[PDB]
Structure formats: C-alpha cells, structure tokens
Amino acid sequence: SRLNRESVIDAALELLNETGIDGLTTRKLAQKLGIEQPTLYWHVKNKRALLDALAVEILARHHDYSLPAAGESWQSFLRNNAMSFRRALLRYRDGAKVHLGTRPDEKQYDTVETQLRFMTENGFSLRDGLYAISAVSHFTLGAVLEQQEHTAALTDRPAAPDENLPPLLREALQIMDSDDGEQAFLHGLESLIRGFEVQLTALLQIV
Amino acid sequence: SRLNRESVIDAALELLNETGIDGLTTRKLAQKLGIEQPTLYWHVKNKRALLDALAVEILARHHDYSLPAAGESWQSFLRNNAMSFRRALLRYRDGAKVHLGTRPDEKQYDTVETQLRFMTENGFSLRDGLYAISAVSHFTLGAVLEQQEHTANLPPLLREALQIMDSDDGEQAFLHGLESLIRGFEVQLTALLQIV
Ligand SMILES: CN(C)[C@@H]1C(O)=C(C(N)=O)C(=O)[C@@]2(O)C(=O)C[C@@H]([C@]3(C)OC(=O)c4c(O)ccc(Cl)c43)C[C@@H]12
Ligand SMILES: CN(C)[C@@H]1C(O)=C(C(N)=O)C(=O)[C@@]2(O)C(O)=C3C(=O)c4c(O)ccc(Cl)c4[C@@](C)(O)[C@H]3C[C@@H]12
Ligand SMILES: [Mg+2]
C-alpha cells in the first residue's frame, strides 16, 4: 500500500471497526497494509502514538459543529456542539474510548479558545463558561460510553431474566432500548442548558 | 488462600489498584492468590464475569446514599445520590471504567426500583424520571472518567482555564454542573403543560 499519514490512518480506522480498540495492534495493522513490521515502525512508533492520532482524526473528519454560527445564541451553540460531538464519537467502534485516553492536539487549541471566548463575550465568567463547556462534554462522553460499552459486553454476558424483573425497572429498560439513548440524551441536554441559563441570569441574586 | 467469593473479590480489588483494568488478567489474579489457573477457573470463568461482580461490589461496599431519606426532596436525593456514586467510583483505580456498560444486578433490583418509584411519586412520568436519573448517571460517569484518565506554547484563555481545572480534582466543576442539571429538571417538571 501507500504509506503516508492519511493511508495509515484510513487503514487504522477500518481495523478499529473490525477489532475494536483491544484487538487493534501494530502487528494486525502491518498485515492489513501488506507490510512487515519494521517497515511499519518507521511510520508509526507504537500503539499510543496511533491512538493519539486517531482521536484527533475522528473529530477532524466528523465533528463539524466546532464553532458558533454567526449571530448564534450560546444556548444553540451548546446544543449543536454536543450533538456533533456524540455523532462523531459514535461513528466508530470504541470511538469514545479512543478519545478518552487522549488530550487536545495543537490543531484543537485555537478551536477551543474560540469556544471559550464566545462564552465570555456572552456574559460568562471564564470559569463559569468553562464549567458549562466541560459539563456538556462530560455528559455527552458518559452517555456515549455507556451505549458503546454496553453493546461491547452483549458478547460475553447473559440476558436478564424478565421473570424476576420488578415492574418499573422492566418498563424502564424497555425504554432505554427503544433507541440508542438519543432521546434520553437530548432531553438531558436541554435540562443542562436551561440550568446554565438560570445561573447566568441570576448574577449576584440568590437563586 | 481462601477461595470463596468474598476472598476472590478482595484480591481482585487490590490487584485492580496495582495494575488498573488493562493489567487485570486471570493469570495475574491466580498468581496473587497463589494458585494455578485451572483452580481459579472453577471459581471464576473469565474476565467479564469478574468485572461484572466488581462493579456490583464497589457500589455495595461504598455507595451508601442509594435511597432517599425520610421526607427528603427529589432535588436533594439526586444531589446526595450523585455525590455518593462519585465517591465510590473514585475509590479504586479505573473504578469508572469498571462500571461502564453494566446494568443492574439481581441484588440491586429492589434499590433501583425504589429510586424510580420515588421520582414518580414526586410528579415525574416514569419516562421523565428515568431521563433525569440517567442524565445524572452519565454526567457523573464522564466527570469521574476524565479525572481518572488525566492522572495518566498555548493560547491565553485556555491556559487560564486549564490552570483552573487543575486547582482541584474536578470536584468544583462537577458540583457546579450537578446543580445546573438539577435546576434544569426542576424547570421542566414545574412547567407541566406550559410552554417553557
Ligand atoms: C464537546 N465540546 C464542548 C468540545 C469540543 O467542541 C471540542 C472540539 N475539539 O471541538 C473538544 O475537543 C472537546 O470535545 C473536548 O473534548 C475537550 C473539551 C475541553 C473543555 O476543552 C479542553 O481543552 C479540555 C481539556 O483539556 C480537558 C477536559 C475538557 Cl472537558 C476540555 C472541549 C470539547
Ligand atoms: C447513580 N445513581 C443515579 C444510581 C444508583 O444509585 C445506582 C444504585 N445501584 O444505587 C445505580 O446502579 C445507578 O448508578 C446506575 O448504575 C444505573 C444504571 O446503571 C442504569 C442502567 O444502566 C440501565 C437502567 C437503569 Cl433503570 C439504570 C439505573 C437507573 O438503575 C441507574 C441508577 C444509578
Ligand atoms: Mg450503571
């Protein structure tokens, strides 16, 4: 194969969907590309280096609501931004676990800076703006991880005997499974956003 | 060693703190207990079975705000419940990654049912009550995961920002975020059929 950055990464992403993060090794990537290991080592030093790069690339390719639109309200930006972030994490098996074990890349700095400036120029102290942005991040991350890791454990685990399930719980699990968690996610998201709105509005009032 | 359930699990928890979740294997647990692998297999079939049990045990031992107090408001129960959940996840290395993607165990049923009933008795449709409880769960999980991970130039606002989240473990960002969630649910509940 061709062995530039882009090709190595295209191959790595496909491999990730076949094996998931734990079955992703340098040996298997060498095979898939049709090359010996020392050849690969020249381009890719080890597993950590590869993951760091996949993290960055998943967002660069698929997280396209990174910045506010012109005139857009902070509420709406938080909404769209979070939607875009879940979509991207979901696009690859173990996407979220790949992201988690990484920190922001040079390329991502000034995208995040712009996000922080945008909140402050809308009335948030730098602190409160960061808290808001983190909260949305964490909530999203956790919601996707519980979806993805729950479906990764359906392999080695039994079913729950609906027999001894109590009634509310039984109805509750049927509801989680009716979709991917999108509804619970969007509903939760609105509650977060309004909660930040109440905090901002209050200023120095007791609220 | 003794090889009952409790002993295997005590050992598994210690091992978890030494290796973290990726270095937790059946081979290494056998060694730690001073036994051959087939001996272990009789008690523990594989890694998944072990993790399912650790998940359940971490909470059974350390998650002690799992039911409402008498007279307690739903707001307050969500608050205390989430604090207690975070504390328990934090007590062991990779505690949160252990919990990921588990569902309630037979011996948790009573407890989670009671939590759902409590919300409905407080005015939530079963659906809206579940969404609230999940949102708290997911948010807490994500916040603990980013803490636990990230104990493994640069533009101005961001650099001021990162200094601020490193000033503690993330507890402040968590508790602040938590209050925003709770109030947000309050606004939704109290609106009823109003447009809000
Ligand atoms: C989901 N969005 C809110 C953000 C996002 O749009 C991006 C992005 N690259 O466009 C992030 O990287 C984010 O998704 C993201 O994951 C990071 C996150 C944040 C606040 O920025 C950080 O610099 C940073 C950090 O260094 C440590 C923890 C956290 Cl939570 C953060 C900002 C995230
Ligand atoms: C963190 N806290 C809100 C909850 C908690 O107190 C639990 C507990 N055992 O005491 C949980 O198991 C929970 O932490 C917890 O783990 C829950 C959860 O896992 C979950 C899943 O995955 C699927 C369906 C349901 Cl109904 C649940 C559910 C709602 O029971 C939650 C409850 C929470
Ligand atoms: Mg759970």
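Note on naming: letters A, B, ... go to the chains in the order of the sequence lines (proteins, then strands), and numbering restarts at 1 for each one. Each ligand, and each atom within it, is numbered from 1 in the order the structure gives. Any value given below was found using the heavy atoms of this structure, including those in side chains, with hydrogens, waters and symmetry copies removed.
- Within 4.5 Å of ligand 2, most heavy-atom pairs belong to the chain that the PDB entry identifies as tetracycline repressor protein class D.
- Choosing among mitoxantrone, raltegravir, chlortetracycline, baloxavir, one finds at ligand 2 the drug chlortetracycline.
- Other chains having non-hydrogen atoms less than 4.0 Å from chlortetracycline (ligand 2): A, B.
- Neighbouring residues of chlortetracycline (ligand 2) under 4.0 Å (non-hydrogen atoms) are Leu169(A), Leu173(A), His63(B), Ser66(B), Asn81(B), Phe85(B), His99(B), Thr102(B), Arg103(B), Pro104(B), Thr111(B), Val112(B), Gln115(B), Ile133(B), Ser137(B).
- Checked against UniProt, the Mg(2+)-binding residues of chain B with a heavy atom under 4.0 Å from chlortetracycline (ligand 2) turn out to be: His99(B).
- Neighbours of chlortetracycline (ligand 2) under 4.0 Å (other ligands and ions): ligand 3 (magnesium ion).
- Among the tetracycline-binding residues UniProt records for chain B, the set within 4.0 Å of chlortetracycline (ligand 2) by heavy-atom distance is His63(B), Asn81(B).
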